[PDB]
Asker: 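Please take a look at this structure featuring testosterone.
Sequence lines set the chain letters: A, B, ... in the order given, protein chains first and strands last, and positions in each chain run from 1. Quick note: numbers below take in every heavy atom, side chains included, and nothing from hydrogens, waters or symmetry partners. Just follow the structure's listing: the first ligand is 1, and inside any ligand the first atom is 1.
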Amino acid sequence: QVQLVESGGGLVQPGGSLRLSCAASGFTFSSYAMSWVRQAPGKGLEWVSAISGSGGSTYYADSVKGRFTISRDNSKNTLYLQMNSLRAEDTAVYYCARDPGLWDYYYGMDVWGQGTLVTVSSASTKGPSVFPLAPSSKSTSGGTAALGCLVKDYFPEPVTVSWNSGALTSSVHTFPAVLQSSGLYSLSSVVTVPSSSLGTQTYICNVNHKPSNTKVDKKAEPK
Amino acid sequence: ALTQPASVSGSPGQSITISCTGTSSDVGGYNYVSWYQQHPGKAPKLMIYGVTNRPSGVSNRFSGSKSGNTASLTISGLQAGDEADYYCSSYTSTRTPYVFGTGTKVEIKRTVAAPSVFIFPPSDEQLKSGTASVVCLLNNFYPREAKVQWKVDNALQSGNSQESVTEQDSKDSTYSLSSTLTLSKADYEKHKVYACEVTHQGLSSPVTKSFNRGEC
Ligand SMILES: C[C@]12CC[C@H]3[C@@H](CCC4=CC(=O)CC[C@@]43C)[C@@H]1CC[C@@H]2O
């Protein structure tokens with residue numbers, strides 16, 4: 001049950017503050033240096049901070065030193081990046097990770113949590129509008145048809161799209177979100193399917209933009 | 001960070017190598033170089049620590065080494081699923097206790113595959129909002145290079161489109177691309193033919209897909 005579960009990410013105003021959490025299970029959390037690593041959208045991993053097993057030595061990156069503070073709890077098994085004074089450039093997915101070095105360090109992080117998105121922006125949450133990309137008779141691909149959903153004008157990331165409640169996964173392309181000059185994201189999720197199936201299977205995309213409580217199921221269909 | 005090539009590509013069954021160039025205070029003087037593999041949208045995974053060590057379970061296809069101030073990851077018998085970003089890291093004897101390298105994307109080469117292309121009109125639903133989106137899908141092509149341009153009533157469009165590409169597929173090693181054309185409903189309604197023209201290696205000449213606004 002070896003795991004790290006993160007929480008606390010969100011959209012935060014510039015100059016603002018945020019506390020990230022990272023709850024440890026399945027191992028003796030006190031025995032290991034744990035670490036915060038971040039990755040800005042499209043960029044590489046940036047080591048941000050680290051703390052000794054006992055908390056007595058916490059350690060920090062330059063780019064972050066002024067305004068960030070790492071801390072920990074071995075009964076609650078939880079690492080924190082109380083993150084204060086946030087700026088736009090701290091916008092990133094934040095991960096925690098274990099160095100498995102017991103009596104010495106690996107200088108290698110083996111167990112990773114799943115990540116939490118931190119968006120530092122003064123823009124507000126906005127949910128998507130979801131429109132079908134209907135199977136269309138102006139490109140009827142012999143044996144394969146395409147359809148999809150357009151997920152337009154939302155903020156912040158992320159949005160999740162599934163098809164027929166997770167039943168349809170093979171042949172799905174959900175394209176990376178792109179920022180419009182509107183300042184809002186937009187993406188499409190598509191799927192290719194046999195032409196023969198358009199008359200036998202209904203296709204519904206399920207879109208969920210948790211930041212804005214937008215849940216939407218749209219049917220993508222002929223004509 | 002530690003210097004890595006932006007990208008490394010090879011064909012399945014190749015052995016490819018990714019370098020990581022540092023200084024005598026890190027990769028060059030100490031044996032604490034680590035390598036991580038990161039697939040699109042997932043957490044990194046530790047592939048190598050201490051220059052040459054593989055965590056239990058990591059495929060022996062991955063091996064680490066160094067020479068002078070350069071560590072190398074060598075992936076033998078390249079698989080399609082080996083496509084990912086790869087990061088080295090190092091301890092440093094400087095104020096810096098730990099640093100990551102700049103990362104390398106591994107691309108798997110495969111046969112040329114022309115895009116299958118589709119065009120979608122704006123939905124009835126959407127027009128009520130005063131904006132129309134017309135989408136063009138370029139599906140499962142290879143190599144990555146593509147061009148797509150928009151023609152409305154035969155006139156090439158400028159500055160009203162954005163493109164998005166998927167990461168290399170883990171199973172077929174292909175890419176897909178969306179091109180989205182944004183128009184006011186008003187501008188949309190005052191034209192008839194909507195076309196996406198695709199140019200790609202795997203295709204003799206451009207492929208066009210279009211529809212007529214108000215056609216069945
Ligand atoms: C946790 C870690 C090993 C232990 C390192 C840490 C960077 C900072 C650091 C400074 C020290 O003086 C003790 C060890 C620590 C705490 C490293 C970051 C990633 C690596 O796995």
Asker: Which ligand or chain identifiers match testosterone, all copies included?
Answerer: ligand 1
Asker: For testosterone, which chain gives the most heavy-atom pairs within 4.5 Å, and what name does the PDB entry use for it?
Answerer: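 The largest contact partner is Immunoglobulin heavy chain.
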Asker: Mind listing the other chains that have a non-hydrogen atom under 4.0 Å from testosterone?
Answerer: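 Going by non-hydrogen atoms, A, B.
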Asker: Give yes if a backbone or side-chain nitrogen or oxygen of A/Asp99 is under 3.5 Å from a nitrogen or oxygen of testosterone, and no if not.
Answerer: yes
Asker: Under 4.0 Å, heavy-atom basis, I'd like to know which part of A/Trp47 is in contact with testosterone: side chain, backbone, both or neither.
Answerer: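 Side chain only; the backbone of A/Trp47 stays clear of testosterone.
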Asker: Which residue owns the protein heavy atom closest to atom 7 (C) of testosterone, what's the atom, and how far is it?
Answerer: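 Nearest neighbour among protein heavy atoms for atom 7 (C) of testosterone, to 0.1 Å: B/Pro97 CB, 3.6 Å.
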Asker: What protein heavy atom sits nearest atom 5 (C) of testosterone, and how far away is it?
Answerer: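 Here the closest protein heavy atom is A/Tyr107 CE2, 4.1 Å.
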Asker: Under 4.0 Å from any heavy atom of A/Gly108, which atoms of testosterone are there?
Answerer: 21 (O)
Asker: Starting from atom 12 (O) of testosterone, find the nearest protein heavy-atom neighbour and note its residue, name and distance.
Answerer: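 The closest heavy atom on the protein side is A/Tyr59 CE2, 3.4 Å.
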Asker: According to the deposited model, which residue and atom hold a covalent bond to testosterone?
Answerer: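 No covalent bond is modeled.
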Asker: Return the PDB molecule name for chain B, nothing more.
Answerer: Immunoglobulin light chain
Asker: Could you help me out with the residues around testosterone? Anything with a heavy atom closer than 4.0 Å counts.
Answerer: A/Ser35, A/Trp47, A/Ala50, A/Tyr59, A/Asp99, A/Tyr105, A/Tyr107, A/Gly108, A/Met109, B/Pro97, B/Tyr98
Asker: Which pairs of nitrogen or oxygen atoms, taken one from testosterone and one from the protein, are under 3.5 angstrom apart?
Answerer:
residue, atom, partner, partner atom, Å
testosterone, 21 (O), A/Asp99, OD2, 2.9
testosterone, 21 (O), A/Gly108, N, 3.3

